[PDB]
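In the model that follows, one finds trifluoperazine.
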Amino acid sequence: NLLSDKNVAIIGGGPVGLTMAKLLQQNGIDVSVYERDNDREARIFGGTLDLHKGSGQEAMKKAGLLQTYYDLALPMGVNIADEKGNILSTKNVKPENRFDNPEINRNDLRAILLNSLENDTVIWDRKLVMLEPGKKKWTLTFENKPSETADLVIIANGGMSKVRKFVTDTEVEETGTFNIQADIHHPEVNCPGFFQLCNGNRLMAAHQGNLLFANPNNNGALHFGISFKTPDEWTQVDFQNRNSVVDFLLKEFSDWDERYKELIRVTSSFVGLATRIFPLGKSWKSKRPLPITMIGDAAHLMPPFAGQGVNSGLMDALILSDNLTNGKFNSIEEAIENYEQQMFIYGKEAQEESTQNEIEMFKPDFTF
Ligand SMILES: Cc1cc2c(cc1C)N(C[C@H](O)[C@H](O)[C@H](O)COP(=O)(O)OP(=O)(O)OC[C@H]1O[C@@H](n3cnc4c(N)ncnc43)[C@H](O)[C@@H]1O)c1[nH]c(=O)[nH]c(=O)c1N2
Ligand SMILES: CN1CCN(CCCN2c3ccccc3Sc3ccc(C(F)(F)F)cc32)CC1
């Protein structure tokens, strides 16, 4: 009843926005996703995602996609190593826990979600640049493309979103840590020592404030990340110049075993990213001119040290879609308010845990 003869615009087709769209569409809602990516073949850079029972997996189950996820996800164990390459502990996944949070490639998750939507639900090459509330509909302005209208706008376009001001004046913050990520293709050949160290498990190591994480099998590539407190001199490293990054990393990792150094020396290109947070604090704006809200990283971007990132976003989509379709609310505004009040609770909890882990993980003495 709330959305009958109305349409919904979701801004951003990340995992959270696409899940949003599926959950609305399967209830007969007219919904479009506007995604800035030029088309669906653009690869998504990054590590794997794990969906949790009761949150991310509950969104997939409601959508009819839980088995689809299971079929493309891998449970993976964890090895903790020290800087010398000694395995300090090894924890494999017991078979009764194979469904707790198996890891899925981000492109596979995207494909699962896109395949679940009706044709032309996602409108590619649509970068939203501005919103304007009319008498009853939002007008959406896109970069060099014709405008569109919607009764309800859901901001789902990630942590650096510039279209949040109708919802909140909160600004994204840097937390003081920095991340460098890279993929190694054919790792069994190109970083064989480190690949054997992982031994089919994820690997984590920490030494003198420098952290290293690796997944040796993300659809055949090894993905790794290195994190550290942002240096005071900084960004004096040009991530377009691999020689500049290799030089910086080899100094920081000078005391690490050569299996780690070879990882750095053979990487083709590096991606640098300051850690950021979009902090939940005082309430969002009340009495907005037309119905609008935010989900996912746009709502509560958070340091990736607690593993709660995408799962809290998928809970947003589950809660918001239920409120918009369960027939219990007298207005779209009230369904939104109910979602936001719930999400401020679990969102603040996740953000606190992420921020606490971050403080603790970068203390000079930290051990996993
Ligand atoms: C290094 C690192 C490591 C991890 C993680 C992050 C980082 C940086 N995370 C966090 C997790 O990946 C994150 O929570 C999700 O990607 C959030 O998904 P969203 O769909 O909200 O945003 P996401 O950023 O994925 O999607 C936003 C979409 O909007 C599009 N877009 C942006 N601006 C637009 C515009 N103006 N108009 C239209 N479209 C626009 C983008 O192209 C993109 O498709 C994580 N999480 C987790 O659960 N487990 C983990 O292990 C990790 N690990
Ligand atoms: C158990 N689980 C606890 C929480 N996460 C936090 C690390 C997330 N992540 C990361 C974090 C900061 C900077 C870069 C990266 S890339 C990356 C690569 C592999 C793994 C890896 F190791 F998971 F495969 C994890 C990460 C680590 C593993």
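The chain is numbered in sequence order, starting from 1. Atoms within a ligand are numbered from 1 in the order they appear, just like the ligands themselves. Heads up, header says this was done by X-ray crystallography, 1.9 Å.
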*Which ligand or chain identifiers match trifluoperazine, all copies included?*
ligand 2
*Largest contact partner of trifluoperazine (ligand 2) (naming from the PDB entry)*: Flavin-dependent monooxygenase
*asked:* Hey, which residues are hanging around trifluoperazine (ligand 2) within 4.0 Å, heavy atoms only?
replied: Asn179, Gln181, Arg202, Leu203, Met204, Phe213, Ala214, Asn215, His223, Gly225, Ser227, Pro304, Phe305
_Using a 4.0 Å cutoff against the non-hydrogen atoms of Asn179, which atoms of trifluoperazine (ligand 2) qualify?_
12 (C), 13 (C)
*Which trifluoperazine (ligand 2) atoms, with their elements, are less than 4.0 angstrom from a heavy-atom of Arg202?*
22 (F), 23 (F), 24 (F)
*Within a distance of under 4.0 Å, is there any protein heavy atom near atom 8 (C) of trifluoperazine (ligand 2)?*
yes
*In terms of residue, atom name and distance, what is the protein heavy atom nearest to atom 5 (N) of trifluoperazine (ligand 2)?*
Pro304 O, 4.4 Å
*Report, in ascending order of atom number, the atoms of trifluoperazine (ligand 2) lying under 4.0 Å from any heavy atom of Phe305.*
11 (C), 12 (C)
*Nearby ligands and ions, under 4.0 Å from trifluoperazine (ligand 2)*: ligand 1 (dihydroflavine-adenine dinucleotide)
*Which residue supplies the protein heavy atom nearest to atom 13 (C) of trifluoperazine (ligand 2), what is that atom called, and how far is it?*
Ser227 OG, 3.0 Å
*Identity and separation of the nearest protein heavy atom to atom 3 (C) of trifluoperazine (ligand 2)*: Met204 SD, 4.7 Å
*Distance from atom 20 (C) of trifluoperazine (ligand 2) to nearest protein heavy atom, with residue and atom*: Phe213 CB, 3.4 Å
